[PDB]
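Drug tetracycline bound to macromolecule Multidrug-efflux transporter 1 regulator.
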Number of protein chains: 2
Amino acid sequence: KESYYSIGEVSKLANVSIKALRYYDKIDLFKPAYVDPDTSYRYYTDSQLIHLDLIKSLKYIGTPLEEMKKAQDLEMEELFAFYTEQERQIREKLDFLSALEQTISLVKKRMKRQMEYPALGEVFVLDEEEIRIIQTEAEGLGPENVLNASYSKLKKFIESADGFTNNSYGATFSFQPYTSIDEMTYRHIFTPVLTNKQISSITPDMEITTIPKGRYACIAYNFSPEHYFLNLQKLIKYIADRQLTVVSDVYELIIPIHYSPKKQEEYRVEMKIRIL
Amino acid sequence: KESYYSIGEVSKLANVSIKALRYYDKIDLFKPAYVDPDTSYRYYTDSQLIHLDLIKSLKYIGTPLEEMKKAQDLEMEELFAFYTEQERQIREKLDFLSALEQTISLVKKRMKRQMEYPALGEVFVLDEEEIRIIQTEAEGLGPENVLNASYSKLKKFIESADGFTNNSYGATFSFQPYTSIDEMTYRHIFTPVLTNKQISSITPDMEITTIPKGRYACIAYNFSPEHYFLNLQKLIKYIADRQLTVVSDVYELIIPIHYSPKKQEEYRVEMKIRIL
DNA sequence: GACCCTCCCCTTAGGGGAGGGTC
DNA sequence: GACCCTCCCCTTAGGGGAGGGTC
Ligand SMILES: CN(C)[C@@H]1C(O)=C(C(N)=O)C(=O)[C@@]2(O)C(O)=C3C(=O)c4c(O)cccc4[C@@](C)(O)[C@H]3C[C@@H]12
Ligand SMILES: CN(C)[C@@H]1C(O)=C(C(N)=O)C(=O)[C@@]2(O)C(O)=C3C(=O)c4c(O)cccc4[C@@](C)(O)[C@H]3C[C@@H]12
């Protein structure tokens, strides 16, 4: 009333740190009513304690301090407007997050699916849910000469609307009685999508399409160049012997087993191909 | 394939800034496969481009970099677990925000209500929705000697569970034919609550209770010491003349008109009191 | 030219000290 | 002792330069 509080008093009363109060002092956001010229001690009137209500609340919603300053000079109506503005900012974040939460949930679904492949090396046949992807003409690209840099555009679009890139890399090709990997060329390289956000200015050389819900002859193994071709052969054989008919191209996905640059690279490969 | 990308190439391919790549280099998160000893130029193999998928995605969800490091060495299963952990962190933020969004919406409702008081200075009678508050014994505290520091404990609890403090300050007293502000003493001082989060270790000297839904004789004005008492008198008179019966104490709320420390302080005052 | 280098300063909002003089 | 002072270093993840030597 007829005295000042010293900074410690104010700090206990307002549950704000001393270091905080000295800061707010520095930045002319909250300044002691009076400062002893000899001890440079800070002293605060009781009535001025009220300006902390606003600072503490804005701080809680996380308004930057320089913002708070321009906040103080607001009329009750403009303060209303300002709050409305926060409501907007928030709702934006809530959307971002509901989205994020789902994307992750799905990434997890896919990862699990891969940690459950019944047999590596063996040809299992199974029923698969639809997979949406974005693909693009593979212009004379075999397994032998394809690079990560080849995925640069696809990646750019997908991550530009999914925000998530860590993923698996895809390729399709014609099912033939290949006798040599030398004979192989990809029709498309592709990359799966995780969101429904619309890619923004998608150019015509990208096709958005999917891997149809259907029944697939699959095979999946950890990568090694010996095994790559010979496993493909396992598959062609599986179909040969069971006289199955194919209704799609061979799909091929390579997903990394880890991303530590300290261990030798290792990749899970999965070839599947739809049948009637 | 049989060459390196220079940092600019990698930057365009992976849509990551050069300054970013030099940083990741510094912190041994991503390092060029090779560094020219003479030009200190950075050079990156195509195959190592894959470690950016993970970094870019973690960055999107906003994992700190030192975290990403310990992320890299994870097995596909532990990476799963890690993601689950993010799902937790997020859901936490989504809650925080749905909460925040509501609190604000309500603050706005109250503010509006105050920018619509039909007449300042005049005694309007009206129907009011319930107001939840937290109050505490006012120990020999009149209008004449009450301080902001008096609200220190209430404030602490309410903000400890509401996160929002900027507010209005309350007091109640007995409705009497007062002849002098000298004669006035508050029964309680109080402060409204905005959340339903439970105050955590609430001590018994606080009572959580509310201002009942009911019909109230109100009066509200911008503060000035001349007017304070004389307006209270206006109210006592209103009731006298209409022979109304009172079923509650006088409630009194002071909310600030602005929080700029640059203008002369100004407060909206509102006295209301319930009737049959 | 175009491209890359290191090195330096700047960005929030204070928290943690050290070392001094205080109520 | 308890309390307060200034002053200094440290915390993310780089962006923006300046000034040098490059492909
Ligand atoms: C585009 N694609 C399907 C694969 C890819 O982009 C990869 C990647 N980004 O991780 C593989 O590492 C991928 O680049 C990769 O590792 C491949 C190979 O190195 C080989 C080699 O050396 C010999 C035979 C077959 C392959 C291969 C078909 O598995 C190659 C697949 C490549
Ligand atoms: C607790 N309460 C209801 C009010 C309060 O805490 C205030 C605040 N924190 O802003 C008022 O400024 C409050 O502290 C305040 O301003 C009050 C006063 O200064 C006076 C004076 O000087 C003379 C008569 C009446 C009042 C008064 C009743 O309006 C006082 C109300 C005070």
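Below, chains carry the letters A, B, ... as their sequence lines are ordered, and counting in each starts from 1. Computation of the quantities below employed the complete heavy-atom set of this structure, encompassing side-chain atoms and omitting hydrogens, waters and symmetry-equivalent molecules. Order of listing sets the numbers, starting from 1, for every ligand and every atom in it.
At a heavy-atom cut-off of 4.0 Å, the other chains in contact with tetracycline (ligand 1) are listed as A, B.
Counting heavy atoms within 4.0 Å, the binding site of tetracycline (ligand 1) comprises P143(A), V146(A), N148(A), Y151(A), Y169(A), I181(A), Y186(A), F223(A), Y228(A), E252(A), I254(A), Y267(A), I50(B).
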